[PDB]
Each structure stands twice: as C-alpha cells, then as structure tokens.
**Q** 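Just downloaded a structure that has bortezomib (bound form) in it.
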Amino acid sequence: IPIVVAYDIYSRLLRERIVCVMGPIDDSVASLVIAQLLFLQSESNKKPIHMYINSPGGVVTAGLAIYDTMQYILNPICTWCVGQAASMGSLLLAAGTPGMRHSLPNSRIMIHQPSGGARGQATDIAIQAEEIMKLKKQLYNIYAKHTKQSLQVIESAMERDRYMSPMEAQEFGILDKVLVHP
Amino acid sequence: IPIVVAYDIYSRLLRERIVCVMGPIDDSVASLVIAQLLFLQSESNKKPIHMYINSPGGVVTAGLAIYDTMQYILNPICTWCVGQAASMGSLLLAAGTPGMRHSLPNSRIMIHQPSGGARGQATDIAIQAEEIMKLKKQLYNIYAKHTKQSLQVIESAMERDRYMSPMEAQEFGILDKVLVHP
Amino acid sequence: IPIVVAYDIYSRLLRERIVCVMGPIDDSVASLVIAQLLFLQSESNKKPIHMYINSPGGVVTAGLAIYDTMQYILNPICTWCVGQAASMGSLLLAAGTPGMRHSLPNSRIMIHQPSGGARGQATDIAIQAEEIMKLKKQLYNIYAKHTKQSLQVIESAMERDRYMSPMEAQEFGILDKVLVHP
Amino acid sequence: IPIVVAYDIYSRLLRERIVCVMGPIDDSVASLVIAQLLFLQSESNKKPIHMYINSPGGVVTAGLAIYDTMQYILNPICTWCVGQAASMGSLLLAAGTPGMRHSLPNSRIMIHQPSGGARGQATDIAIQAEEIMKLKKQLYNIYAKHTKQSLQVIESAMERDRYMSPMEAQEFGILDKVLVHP
Amino acid sequence: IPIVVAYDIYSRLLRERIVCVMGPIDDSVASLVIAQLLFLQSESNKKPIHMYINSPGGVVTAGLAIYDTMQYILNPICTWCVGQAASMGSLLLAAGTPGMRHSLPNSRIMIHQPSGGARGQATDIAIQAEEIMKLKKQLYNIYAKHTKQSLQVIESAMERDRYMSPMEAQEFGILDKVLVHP
Amino acid sequence: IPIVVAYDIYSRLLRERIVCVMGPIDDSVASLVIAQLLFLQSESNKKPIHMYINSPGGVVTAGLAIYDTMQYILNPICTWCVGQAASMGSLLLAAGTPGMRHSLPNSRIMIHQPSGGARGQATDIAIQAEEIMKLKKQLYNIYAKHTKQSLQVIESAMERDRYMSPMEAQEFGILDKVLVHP
Amino acid sequence: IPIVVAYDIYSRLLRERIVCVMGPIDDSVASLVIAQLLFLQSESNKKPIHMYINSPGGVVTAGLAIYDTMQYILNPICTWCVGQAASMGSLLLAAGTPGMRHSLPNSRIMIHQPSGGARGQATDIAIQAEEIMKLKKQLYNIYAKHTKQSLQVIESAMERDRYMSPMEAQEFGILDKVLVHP
Amino acid sequence: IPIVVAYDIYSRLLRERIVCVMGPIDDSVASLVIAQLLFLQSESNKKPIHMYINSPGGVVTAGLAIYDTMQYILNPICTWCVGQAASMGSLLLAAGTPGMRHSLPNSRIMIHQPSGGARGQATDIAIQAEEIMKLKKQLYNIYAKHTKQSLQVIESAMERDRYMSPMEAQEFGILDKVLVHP
Amino acid sequence: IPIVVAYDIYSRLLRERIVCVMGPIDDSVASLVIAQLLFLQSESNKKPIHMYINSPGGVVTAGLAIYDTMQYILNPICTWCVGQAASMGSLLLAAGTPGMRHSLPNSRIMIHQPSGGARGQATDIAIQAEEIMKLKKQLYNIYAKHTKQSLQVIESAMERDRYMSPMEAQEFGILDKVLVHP
Ligand SMILES: *[B]([O])([O])[C]([C][C]([C])[C])[N]C(=O)[C]([C]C1=[C][C]=[C][C]=[C]1)[N]C(=O)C1=[C]N=[C][C]=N1
Ligand SMILES: *[B]([O])([O])[C]([C][C]([C])[C])[N]C(=O)[C]([C]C1=[C][C]=[C][C]=[C]1)[N]C(=O)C1=[C]N=[C][C]=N1
Ligand SMILES: *[B]([O])([O])[C]([C][C]([C])[C])[N]C(=O)[C]([C]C1=[C][C]=[C][C]=[C]1)[N]C(=O)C1=[C]N=[C][C]=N1
Ligand SMILES: *[B]([O])([O])[C]([C][C]([C])[C])[N]C(=O)[C]([C]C1=[C][C]=[C][C]=[C]1)[N]C(=O)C1=[C]N=[C][C]=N1
Ligand SMILES: *[B]([O])([O])[C]([C][C]([C])[C])[N]C(=O)[C]([C]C1=[C][C]=[C][C]=[C]1)[N]C(=O)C1=[C]N=[C][C]=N1
Ligand SMILES: *[B]([O])([O])[C]([C][C]([C])[C])[N]C(=O)[C]([C]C1=[C][C]=[C][C]=[C]1)[N]C(=O)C1=[C]N=[C][C]=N1
Ligand SMILES: *[B]([O])([O])[C]([C][C]([C])[C])[N]C(=O)[C]([C]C1=[C][C]=[C][C]=[C]1)[N]C(=O)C1=[C]N=[C][C]=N1
Ligand SMILES: *[B]([O])([O])[C]([C][C]([C])[C])[N]C(=O)[C]([C]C1=[C][C]=[C][C]=[C]1)[N]C(=O)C1=[C]N=[C][C]=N1
Ligand SMILES: *[B]([O])([O])[C]([C][C]([C])[C])[N]C(=O)[C]([C]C1=[C][C]=[C][C]=[C]1)[N]C(=O)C1=[C]N=[C][C]=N1
C-alpha cells in the first residue's frame, strides 16, 4: 500500500468522505465498513458520503448489517458501481438514496435467490428450512421496496441467475444514471 | 475365512438355510442378502429361513429393500438378535413372522428417528426437506404395523435415542422370546 | 461372496436368467450388463429375462448403451424396482416391455434433467453447450416415447427434482403393477 | 485497517466510549473486551458505555467472564444488535441495563441449549456429564433473571433451536426497542 | 498361510475342534468365531470344543455376542490362555465350563473397567452416560457370576488397571489349573 | 466378474469370436486386444471377427498398433458402435472392412485433432513440434483413406471438436448402416 | 522495499504522477490502481499521468474497471510498455490518449480471445454460455474502437494466440511510437 | 489490539499495576509475567499488584517459576478469578496474600493430580516415574500450605477431577471473598 | 512363492517337520508358528522338529507364547541360527533342547534389556512401571535357567547392547555347536 507523507491511500480517500466496498463481503469487511460509516457520521451528519462497490457477493447477515447501518444514519449516500455488483453488491447498489445511484458504462449486474444448507435430524432440518424460506421472503421485500417493482416480478426474475447491463438495470429500477464523464 | 473340504464357513451355513446380516447395511450388503434370499426361495418355498442380526444401522433404501424382499417371499422367516440391533437393524428384527423373533440375553436394542442433509438453492432445500419428512412418516407407519403400538407412542418414543434390554423390547412389541438355552 | 458347490451367487442367479443392475452406472457396469445380455440371448432368443434395479444414477453414455442393447435383442424383458430407481435408473425401469414393469411397495422413484460442465475458450464452450442441449432433447424424447405423456408435460415435470411413490409412478406411466406377494 | 492522523478506526471509536464485539467469542476476544471495559471505567465511572454486537456464539467461560465484568462495573451499559446474536451474543444482548437494549430492524436472534463432549473411563464420563448439567442450570437461571420469564418457559423454548425477529424478541423480553432512525 | 494337501492350517485345526481367538476383537472376528461355533455344534452337540485365547481386548458388543453364543450351545468348552488375556479376553477365559480353564506358565492377565465417549447436546450426553453406566453394571454382574467373588470386591479391584500372574488369577477365580506339560 | 461353469463372461464371448474394446485405450489394452486378435487368427483365418467399441479415446501409438494389427490379419472384421466413439475409437470404428461398420441408434461420434506437449531447450522443442506435426499429417491421411473424403474437408472438419449422430456419421463416411433390430 | 528519508520508492514515484501496473491483474490490484488514479485527479485535473505496464493478464472485471476509470477522469494519460503486455495489459496499453502510447524496443505484445467455464444443470450452462459470448462481443467492440480496425479483422486476428513486436503492434494500431532514448 | 495515543491496552493497564495471566501457561507466558513482575517491583516495592487469572492450566515448571517469583518479591499481591481457574491456574489463585483472593460470581474452579509420560529402557522408565512421583508430592505440599487443609484431605480430593463454585472454593480455603460489585 | 506340483515351498518344507521363524515377531507370526507346532505334535509326538531362526526381535507376549508352546509339547526341538538372532530371537535359540542348538559360522547374536513406555496420570504411570519391572525380572529368570549363568552375570551383561559371534555365544551358554558342513 502506497503512503502519502503520513497516510495510506485509503485513509487519504476517507479524508474525502469516500468508502470502498471491494471483494467478498464477510463479517470483518462489514465491521470495518460500519466503523467507517459511524466515524463519518460523527464528523458531520449533513454531508454526503460516497460508496464505491466492486463485489461478487457474500454472507447475508453481514450485508443486512451494512444495509441497516446505511438506512440508519442521517447523511445522504451515493453509490457507484465500478466493475461488478452481484448478490449483496446489487442489494447495496440499489440501497442508496433516490437520484444518487450511478454505474460506469462497462459494468455487469447480477441478481439471483439465496442458497444454503441443512444437516442433522429431521426436526432440525425442518427448522432450518423454515428459517431460510423466511429469509428469502425478507430479501424479496427489500428488493421490491427499493426497485418499485411488484413482488410477482421480483419472484419471476430471481428463480435463476439474471445478468444485466447498466441500461437494463436502469430500466429495472436498480440505478438512476449511467455516466461517461464528470 | 476357514474352509471345509470345498466350502467356506458362510456357504456351509447357507447350506443350512442360515443368512448372516452383520456390520453396517449398505447397497452391497443389501444386494448380497437379497440374492441369498432369492436363491433360498428357489430351492424351496415352504422351509423356514433363519436370519442372524448384528448391526449398528445403515442406509434407508438398502434396509427398505431388504424388508420388502422379506415380506415378498412365501417362506417363514425367523430373526435372531446376537449382540446389537440398532437403527435399521432394529427394523429388521421386528419384521420377522409373528412368534419367531428371538434375542440372546445380553443384547442391546436401540430406536431413534432418521437423519440427513440438504444443500443448494432454497427451492432445492424445500424439496429435500419434504422428501425426508415423508420418509419419516413411512418408517413410523412400518414400526406401528409390526409392534402393535399406536402412532402417538411411536412418535413420542423416537424423538431421542432410546435404548432397551431384551425384556423391555419384548414388552414394547419388538420381540417374542428371550432364550438362554436350545 | 458366498459360493454354491462351484458357482458364486450371481452366476447361480444368472443360470435362472436374472441380471442385477446395482449401484452407480459407469462403463464397467455397462460392459458387464451388455455381456450378460448378449450371452443370455445366445442361449435362447425366446425366453424372458428379468432385470433387478437398485441404482442412484450414473453416466449418460453407459445408460444409453444399456438401453439400446435392451431394445436390440429379441427377448422380452421384465424390470423390477427394489429400493431405488433414480436418474438413469428410472430411465431403465420404464424401458421394459409393456405389461412387465414392476416395483416393490416401499420404493422411491426420482426424475430430473441432466447436468454437466464446460471449460476452455469461448468457441469450445459454445460447442459443448450445444452438445448438452441436444442430449437433453434426446433424453426427453425417449421418456415421452415410453411413458405416453406429452413433451410439454415431460419438460414441466423435470425442471427440478421430482420424487414419486410406486402409485404415483404408475399413474405417470413409468410402471404397470405394484406387487405385494408372488 | 484505516488510520486517522495517529489512530486506528477502532481506537478512534473507543475514544467515543464504543466497544465492538464481533465474530466468534473466545479467550482472546474476552480478554480484549474486559481490558477495554476496565480502561473505560478507569476514565470515568458515571458515563454510559455502548456495546455493538454481531456474533454467532462461542465458548461458555469467555462469555460468562464478559457478562460478570459487565455486571461488576458501575457504568450504565447500552447494547446494540446489528446483524446477528446467537448463543452468547443473545445472552450478552439481554444483559444490558433495563431500557437500554436496542436492535436494528433486519436482525436475527437465536436461542438454544449448550453442547459439549465427554471421554475416558466411566467415572470420568459421569463427572463430566454432571458438570455440563450444572452449567445448563446456571445458564437457564441467568436467562430467567434477565428476561422475566418463568423457568418452565425457558426450558420449553430452548430444547431446540429457536429463531426470532426483533419484534418477537421484544415480546419475549430480550429487547426493549426496535429503532429505524436516530 | 501354509497348506496341507487341500486345507489351510486353521481349517486343519478346526477339523480337530479347535477355535482360535487371536488379536483384537471386533465384529468380523466375532462373526467368524460364532459361525465356527455353530458349525461345530452342528457336527456334534456332545463333544468338547477347545478355544485358544491371545487377545488384548476389543469392543463390548462383539465380546458379549461371543460370550452369549458360548453359553447358548450345549457342548462343553475348554479355554486355554496362551500369552495374553486382557479386557474381553479375560472375560472369555473365565467363561469356560468349570474345571476346564487353563493357562500357560508365563501368561499375563489384566482386568479393568470400560471406557467410552459422549458428544452432542446436554440431553444426548445424559442419555449416553446412563447407557455406559448400566453397561458397566452388567459387565460387573457377569464377572461376579463366573469368579464367585462378591460385587464389592469386583468393584474395588477394577477401578484401575490390575495385572495378574496365572497363580494370582487362579486364586482370584478366573482359572482352575496352571499346566507345564501334557 | 460372473463365471459360467469354468469360464468368465469375456472368455465365453471370445469363444464366439467377439472382442471388446471398452474404456480408455493404453498399452495394456492394446496388448490384450492384439493378443486376442492373433489367437483368433490362429484358430481360423477365414471366419469373421466382431469388435464392440465403447471408448473415449487414448494414446496414439496404442491405437495405431491396434489399427495396424487389424489391417494385417486376413479375417474380415465387423465393428459395432455401442454408446461412444471418440478419438481412436472413431478411428477404429472406421477401420472395419467396407460394408461391415454398424452403430446403435443412440450413439455419439466425435472427431478432433491430436494434442501433446513439449519441454526443454529450444532445439528439443523444435524437434518435438516437428514430430507432432508429422503425426497429425499421418492421422489425417488414414482418415481420408477410410472415409473417401478429400484432405481439405478432413482438415476443415477437425480444427475444433465435432460431434455427430449415427446418420450424420453415415453421411460423412465413417459408417455403413444404423440398425434397430437383428 | 527501499525507503527515501520518509517515503517508499513507489510513493516517491507517485509524487511524480507515476502509477505502476505490474504482475497479474486481480481485484486488489484494480482497487489500488483506481484509488491512486482518483487521488491524482484530486490533486490536479489538468496534469498528465504516466502508467507503466508489465503484466501477463488477469480477470476481465478488474481490467474493465481500470479501463472505465481511465476513460472517466479528465487528465491525459500516457502508457508505457516495459517488458510484457498480454490480455488486459494489451487492452490497457491501447486505451491511452492518442499520440501518447509508447513501448520499449524489446517488448512483446500478445492478443487472444477470452476463456472461462460453466457448470451445473443444462439451463445454468446455457445462461453462462450466453453471458461469456456477450462478454466477448463487448471486448471486441472496445478493441475495434481503440485500434481503428474493422470488426472482421479483430475477430480474424484473435481466434488463436497472436504475438507482436513493437513495430508490428504500431502498424496494427495498438501503439504510436517506439522509443530508444529520451 | 487497540491503542491509546501512544500505548496499547495492556501497557495502559500495566501503568495501573495490573498483570494479565490469560490462556494456557507455557515458557513464553511465564517469562513475560516474570519480567512484568520484576519491572513492577523495580518501580516500587510497597505498592500492591493485581493479577487477573483466566487459564485452563499448563506446564508445571512454568507455573512453579511464576509461583516462586510471586513469593519472592516484597509487594502484596491480589488475585482475581474471572471465568476459569483450572489446574495450574487454581494453584496461582490460592497463592495470593491472605485476605486478597477474589472471584467473580459465575466462575469455575477445578483441581486434579498431574499427568505425564515415560519412554525408553526399563531403567529410564524407573527414573522418570520416580521424578513424577516426587513432583506430585511437592505440589500437594504447596496446596496444603496455602489452603490450610490436611495432606490426607488434599490427596483424597485430587484422585479425580474436582469442580467447584466460588462458595465451595471459599469453604475449601482457595478463596477469601466472592464479590458482586466494587 | 514357487510351487511344487500342488504345494508351496513352505508347505513342502513343513512336510519334512521344518518350521521357519523369519522377520519381526508379532501376534500373526506367533499364531502361525503355534498352529504349525500343534499340527506337528498331532502328527507324531516322538519325532524331532527343526526350527530355523532369522529374526531381529519383536513383542514380548508373542515370543513368550512361542516359548511356552515350545516347552509344552513333548517332541524334541532343534534350533538353527541362520543370519541373525537378536532380542526375542536370541531367547528362542537358547530355548531348544540341550545338545540341539546350532549356528552357522557367520551369524551374529545380540542380547539386551526390554523397552517400553508409560502415559497418563501418576497412578497409572506407577502401575505401568511396576509391570515392566516384573517383566524384566521374569525374562532374566528364563535366561538364567537356560544359559546356566548366575543372575548377577545376566544383569551385568544386559545393561547395554551386547553382540556376540557363535564362539562367544557358545562360551556364554546360548549354543552347543558351530557347524561348517553336514
Ligand atoms: B450471493 O451469492 O452472494 C448470495 C446473496 C443474495 C441472494 C443476496 N449469497 C447467499 O445467499 C449466501 C451464500 C453463502 C452461503 C454460505 C456462506 C457464505 C455465503 N447465503 C448465506 O449467507 C446464507 C446464510 N444463512 C442461511 C442461508 N444463506
Ligand atoms: B439408522 O442409523 O440405521 C437410520 C435408520 C432408522 C431411522 C430406521 N439411518 C438413517 O437415518 C440414515 C443415516 C445415513 C445418512 C447418510 C448416509 C448413510 C446413513 N439416513 C439415510 O440413509 C437417509 C437417506 N436419504 C435421506 C435421509 N436419510
Ligand atoms: B442421473 O444422475 O443418472 C443423470 C441422467 C438422467 C438425466 C437420465 N446423469 C447425468 O446427467 C450425468 C451426471 C454426471 C456427470 C459427470 C459424470 C458422471 C455423471 N451426466 C453425464 O454423464 C453427462 C455426460 N456428458 C455430458 C453431460 N452430462
Ligand atoms: B453457542 O452455540 O455458541 C453455545 C452457547 C449457548 C448455549 C449460551 N455454545 C456452547 O454451548 C459451547 C459450544 C462449544 C463447544 C466447544 C468449544 C467451543 C464452543 N459450549 C462450550 O463452550 C462448553 C464448554 N464446556 C462444557 C460444555 N460446553
Ligand atoms: B478393553 O479395553 O478391551 C475393554 C473391555 C473390558 C472392560 C471388558 N474395552 C472397552 O471398554 C471398549 C473400548 C473401546 C471403545 C471404542 C472402540 C473400541 C473399544 N468399550 C466399548 O466398546 C464401548 C462401547 N460402547 C460404549 C462404551 N464402550
Ligand atoms: B483423443 O483425445 O483420444 C486423441 C486422439 C485422436 C486425435 C486420434 N488423443 C490424443 O491426441 C493423445 C492425447 C494424449 C496425450 C498424452 C497422453 C495420453 C493421451 N495424444 C497422444 O497420445 C500423443 C502422443 N505423442 C505425441 C502427441 N500426442
Ligand atoms: B488473459 O489471459 O488475461 C485474458 C483476457 C483477455 C481476453 C482480455 N483473460 C481472460 O479471459 C480471463 C481468464 C481468467 C479466468 C478465470 C479466472 C481468472 C482469469 N477470463 C475471465 O476473467 C472471465 C471471467 N468471467 C467469465 C469469463 N472469463
Ligand atoms: B494442569 O493441567 O495445569 C496440570 C498441573 C496441576 C496438577 C498443578 N498440568 C500438568 O500436570 C502438566 C500436563 C502437561 C504435560 C505435558 C505438556 C504440557 C502439560 N504436566 C507437566 O507439565 C509435567 C511435566 N513434567 C513431568 C510431568 N508432568
Ligand atoms: B526385542 O527387541 O525382541 C525385545 C525383547 C527382549 C528383551 C527379550 N523386545 C522388547 O523389549 C519389546 C519392544 C517393543 C515395544 C513396543 C512394541 C513392540 C516391541 N517390548 C515389548 O513388547 C513390551 C511390551 N509390554 C511392555 C513392555 N515392553
């Protein structure tokens, strides 16, 4: 990591209210992002915060924690898609404030349904299957809230993997603008 | 394996209409047992067949195949518990013809509910959980048929592992007689 | 393997025109089954042959070779489901001559669509995807031929895993009779 | 870890009397949390301390040490559920001072009974089983103290895995308030 | 294995009503021994059978199956200690008919209590501990039956490992005669 | 391997002048096939020999040895495709005598160019590349000789993997007849 | 890494508006490069930025993110080929502003088509193959935009691996100048 | 590890004359603890030192070194049980100055006899067994000195593992006070 | 193993009352040797038996079982040292009947004391050390009985490894004759 005499490049970016969400999303990544967001709200609760996303997905609880923290703080949040947005990435991209969700021209967006596993006795397996079913329902409700589509459309579009270009995702309601130059 | 000039000990026993079910029950064991039963029925459909059981359990499909083959052939079948009859083994012991199920004085019998696993997408997990639920119902129905207990008693007694001595298993309905000498 | 003074149990069964198809289906299993079928046709081309099936599935080419050999020889063929007929196994069970397909009362039958993989350059991936798609079409045509269902019903019923009891499979057209006793 | 010219993000948060309990709970995590709590009490024994929880569980002794340290110091303690609270997490969340336990709207809470193992001679196994039973009784007593439920309800609700949404956990007595915005 | 033109050495010995129990005792060993005993009873139910023991112990269920089979058949049984008799071996040596238990002059005999393990939830651990305790009681009862000692003496002598020479074991009641020459 | 009292199934088939070429082709397979062909020619040099092929391919030298031995002996040779013929298999299938090459209705045939590797110093790499190029030329010449196609068509058709149904392969010149029944 | 009293050599180079893209291109490399580009634009949006490339290639999404960020910022960008430029390297080298793409005299440039893989059910395989085909189309469009060649020439030249010297790549349109001295 | 601008949390605690003994006890842990104790004595030989214990045990020589260093220095020492004090840990807890040994209300204390191993020739094994026996005698003497119990009680109570709550350990003589609040 | 038309070489040798004890001595070797000795005694109780030894040693219980069986049967026994007689082997060589122990001119004989190990709690270690001490005493008594040396000489000579030529071993009392030709 290069240094700027004495910062590092990511701390220098954080001085400009910029947070990076890169790679797969797990508990360490989620805790780091949440700490940065809380610190930025502590500095000022009226200035916008910019989040750059390049992720293939990750764990449901970590992404839901990030989403809930984003909805909690009072600052307006802008989301920028650079590269990839799959699973929670595409859920985070759509979670920015209306009118402030952007993508670069050569990005890919992917949506699909959650996956998991069960093990043990039959009673245990029943309990775990019920848990994952209601988790799927909750995720679909969040998607329907932020894309302004209907529940039937969301259920139809997420049975299998679905890929989109920025124009297709803008038509779907995941994005607002596709930008070429500042 | 010792030989009897030229048989082996198991073929010499099979000459006396004796089949041995020892160790874990899998597809190879099931196919061997079924082939032996078909051969013995081909030799004669009126003479009794003796089955010695010492097993800790195994796969559901193999044991159900053995049970179905046992119910299909016309010969009367005697079952003998030597050492252990746990899980699928305890299902086979109770499947002999009425009045012909025996145990040795120092044997242990164990009953419990089936186990498994699920993996994949949410739809896949739902399908697999439904399959294992109806498997459990079918097994409970077989147990209730052969022990003359009610369905509620069977469901209560198999929530956890249950261990029994030969007298307790005779009172439950899994056995008819506990023998010390010929 | 027990011996009958000097045969083995499977050769003694083959003396009664009985062939066993047990376990996963691969090239060795297919070659053994085909050799036995050719030998039995060599002995006599007018007597029936009985095939017992307990399999979870296997490779497409081996199962298609077995199916083609079954359709080639002139002998009538009876199929017996003991325990499990899943994936390729369920294709063989339905391939017996009409009026001669049987199952035991506690068996499970499963149907679903084929799976595979692709690797390499984009042109190679396109070629392999085309190959697997036409493989799926051929398998669906065989199923529609032998179950007397329509192609739309077969396509709808095989998108996901589908499990069946002997009565359900008899209603579908995979079986003719469910037998309890000889 | 990003730095603030010179702190790290977690030390900058600790300057605001904020402690993070993230990931599995073991001895290192417990010692770090306890050291931070003692330092914060040293700075001031009248100001509130905030604890953010996102954990799947861990070891009983470490969590009990954290709980005892929380009950020892004189400062009021607020607990915040972000993401997940299972095993000790759900025990720690309920251990905050009354009126100061919060959750985010999309969190999951899980409760169940403890697990372990025994090995060795029969006398050793008896001793270890007695120890784990006493551990279970002590944990149930703590839960009953802090949720205001009866012991029978606690024992009934923890035989199997139990999952809860924030409203359900608020009704159970684990939480006081579910918050959307500051 | 050397051959006697065509037998092997163990089948040649079995022609003289001699059964060898060597090495650790598991399910395969138990099934082989039981098959040989049943065959020898089939040949004649009035002639003595000789059993040579050199074993360090093994599994409880297999040894109890062997013991029950020995007590079931009508033939008198002689036991010969060559080298070692520990755990189940020392249980089998004492199980011969009175007046027919022998040892070689330089053998070692060892007695101790059983061992095991438990795993899982607290209820499971309680069930497993209860099972192993009643197993210990059953083994102690068998020892007291065949050695003519009191239960308190047996419990006192088996808390730790106890080693014995043939004269000490003869005084204890495990043996009848120590022989130097035929 | 089943036995016919005393042959094995493959020796029983060899008594009917049937040779099986199954699985991958390597030096052991080639040696066995060549030995069988020489023995069958020794028995009689005027009777036809039947070869059943189910292979995914293999090594060039072994397949070329089999091809040369097939062209050497004086007996007419029939080839039968059951299941699969890829790489050398498709080369072997086309090598039968004209009018005697058959396939089953559901078989797949595949053709492509050879593959290899080079290593070492630059001079060594040049030598090895020259060797593989002339190997390719020789294989193409054999294909052109036996299919009656032009060299340009063969080079065009084998740049990438090419798959074929029995009717397409009959049109190409690899086969003579597609048979459903004897 | 040597230090310049307190910088490191790469931070000292970054003080001169120099960014290094060395080794394989993955998500970490892409995020670091993008952060450096954003910081350099923050310092000044009118001064040129120099990018040195020595890479064998990498992942498509990371390289496309770097390319999109390069086209977004307003600064003129010079590209310098030192050593190797294969896959995305050659795509990045051609993406500099016209008249500002340079190479050293002994460098190698390579172009080819993308590669990947597919797995799962047939529907999944179809979806993934469609995705990789449209990815190839997008890459070809970018190449045709920046080299001023026609689409047919680009598709012809990328079927196999193609190697070029700096003069050949200058004639192709990937470069403007080959320099020996400043 | 969090920092306090510039200390770490453990150095900040050491500024308050607090030493932490956490985790298993080995030579590195012992050397660190002894160095801290010597430094604290060098700062002042009249002020109390506080030691917090959460350990499952460890090596005998390291713990005896810590014990001897504690008895050597002139400062009064307070011991605090948080979570766990087992094996060597329970020896250190009892080693504090009279009237200054505390525990938290939910801690567990465990006592038992030492363990080891021997290997080699018979003379070596005799020497090593003698060494471990006198080690046991020395440990028992230390326990009897600090708990004010008799040697017979100590030997009777340590044959097997013995578990204690803080009240039971206070009755035994290991502790002075159980505290809920400061 | 070569065959003599149909024996093997070892069975052909056993036809001449020759037993081979080669390689390390363990339970399988001991059981085979004992079975052969019992068979040879069954054939005739007055003819001599010849035993050829080439062994580096082994387990104490197996060798003591062989020694006890050797002293039990009534036949005279000749021992022949070919190559090596070390540890247990040297104990068997000296165990032949007086006047019938021979060696080849270039053999090596080695004597030393037994080795072992102990593990566990201190009481267990004491018990195991006592057991190995009495084992050593019993072995020394056997050596003193068969060599006609005093116990002090045996104790002095086996503290360390001791090597001997046939003449030295004859002087020590392990052998009677060193032979060059029949
Ligand atoms: B995506 O592939 O990242 C996708 C999320 C999308 C549907 C919003 N991920 C998941 O569904 C993950 C996959 C996963 C499983 C196991 C470990 C890590 C990631 N699912 C879960 O995290 C999960 C957790 N609990 C239950 C069910 N699924
Ligand atoms: B027992 O252990 O024999 C028991 C059967 C009893 C309830 C009559 N066996 C099972 O429940 C087995 C356990 C197992 C799982 C996986 C591999 C091998 C054995 N269950 C199954 O075989 C099974 C199969 N399909 C679905 C669910 N469970
Ligand atoms: B089933 O599991 O028996 C099923 C066949 C059913 C649809 C009639 N099998 C397959 O789909 C197999 C799975 C498999 C993959 C790889 C190795 C072994 C088995 N598919 C294939 O064999 C296959 C072969 N070539 C291309 C695609 N799929
Ligand atoms: B949860 O799953 O984290 C749960 C705690 C809940 C009941 C308050 N955990 C446990 O019960 C743990 C599981 C575990 C076992 C072994 C290592 C780590 C974690 N149990 C224990 O820590 C434990 C310790 N001693 C005895 C029994 N159980
Ligand atoms: B001995 O050590 O062989 C002894 C037998 C003696 C007490 C009559 N053996 C056991 O106690 C065995 C040890 C063992 C454990 C696990 C695998 C193999 C052997 N115990 C058991 O077999 C056993 C089985 N179920 C429960 C408890 N113990
Ligand atoms: B096919 O895939 O089986 C194919 C043959 C076809 C062109 C008639 N096989 C080959 O080309 C084989 C692949 C292979 C490589 C290495 C080990 C085993 C198989 N090629 C060769 O055998 C080979 C040998 N020497 C040089 C070049 N290629
Ligand atoms: B080159 O070899 O680096 C080349 C890129 C060129 C065509 C612009 N690379 C790829 O095509 C990579 C290869 C790769 C595969 C897997 C992991 C890492 C690298 N392809 C991809 O990244 C890719 C991604 N998704 C779909 C298809 N291909
Ligand atoms: B306890 O677990 O802390 C306990 C000490 C207690 C009796 C005061 N420890 C031991 O007994 C240790 C166990 C151990 C063995 C090997 C490595 C690490 C730990 N014993 C010894 O350290 C030991 C050392 N030398 C001889 C014998 N035992
Ligand atoms: B020698 O190597 O043959 C020798 C015996 C000699 C003194 C007459 N052997 C032993 O001392 C063996 C070594 C050994 C140890 C462990 C496994 C195998 C071999 N000793 C024992 O067998 C043994 C057994 N129980 C206790 C002590 N030693």
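Numbered from 1 within each chain, the chains take letters A, B, ... in sequence-line order. Every number for a ligand or one of its atoms is a count from 1 in the order of the listing. Per the header: electron microscopy, 2.5 Å. A restricted portion of the entry is shown here, and the contact count covers that portion and nothing more.
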**Q** What is bortezomib (bound form, ligand 8) bound to in this structure, taking the chain with the most contacts and naming it as in UniProt?
**A**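 Most contacts: ATP-dependent Clp protease proteolytic subunit, mitochondrial.
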**Q** Write down the other chains contacting bortezomib (bound form, ligand 8), where contact means heavy atoms under 4.0 Å apart.
**A** H
**Q** Of H:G58, H:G89, H:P56, H:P24, which has the heavy atom at the shortest distance from atom 19 (C) of bortezomib (bound form, ligand 8)?
**A** H:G58
**Q** Any protein heavy atom lying closer than 4.0 Å to atom 4 (C) of bortezomib (bound form, ligand 8)?
**A**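 Protein heavy atom within 4.0 Å of atom 4 (C) of bortezomib (bound form, ligand 8): present.
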**Q** Numbering the atoms of bortezomib (bound form, ligand 8) from 1, which are under 4.0 Å from a heavy atom of H:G57?
**A**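 Under 4.0 Å from H:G57, bortezomib (bound form, ligand 8) has these atoms: 3 (O).
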**Q** Out of H:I111, H:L135, H:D26, H:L139, indicate the one that has the non-hydrogen atom closest to atom 26 (C) of bortezomib (bound form, ligand 8).
**A** H:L135
**Q** With the threshold set strictly below 4.0 angstrom, can you tell me whether any protein non-hydrogen atom sits that near atom 11 (O) of bortezomib (bound form, ligand 8)?
**A** yes
**Q** Please state which option from H:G116, H:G63, H:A62, H:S115 has its nearest heavy atom closest to atom 23 (C) of bortezomib (bound form, ligand 8).
**A**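 Nearest heavy atom to atom 23 (C) of bortezomib (bound form, ligand 8) lies in H:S115.
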**Q** Covalent bond partner of bortezomib (bound form, ligand 8): which residue and atom, if any?
**A** H:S87 OG
**Q** Within bortezomib (bound form, ligand 8), which atoms have a heavy atom of H:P114 less than 4.0 Å away?
**A** 7 (C), 11 (O)
**Q** For H:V59, state whether at least one heavy atom is located under 4.0 Å from any atom of bortezomib (bound form, ligand 8).
**A**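 Yes, H:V59 has a heavy atom closer than 4.0 Å to bortezomib (bound form, ligand 8).
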**Q** Are any other ligands or ions shown closer than 4.0 Å to bortezomib (bound form, ligand 8), and if so, which?
**A** none
**Q** State the binding site of bortezomib (bound form, ligand 8) (non-hydrogen atoms, cut-off 4.0 Å).
**A** H:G57, H:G58, H:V59, H:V60, H:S87, H:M88, H:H112, H:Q113, H:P114, H:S115, H:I132
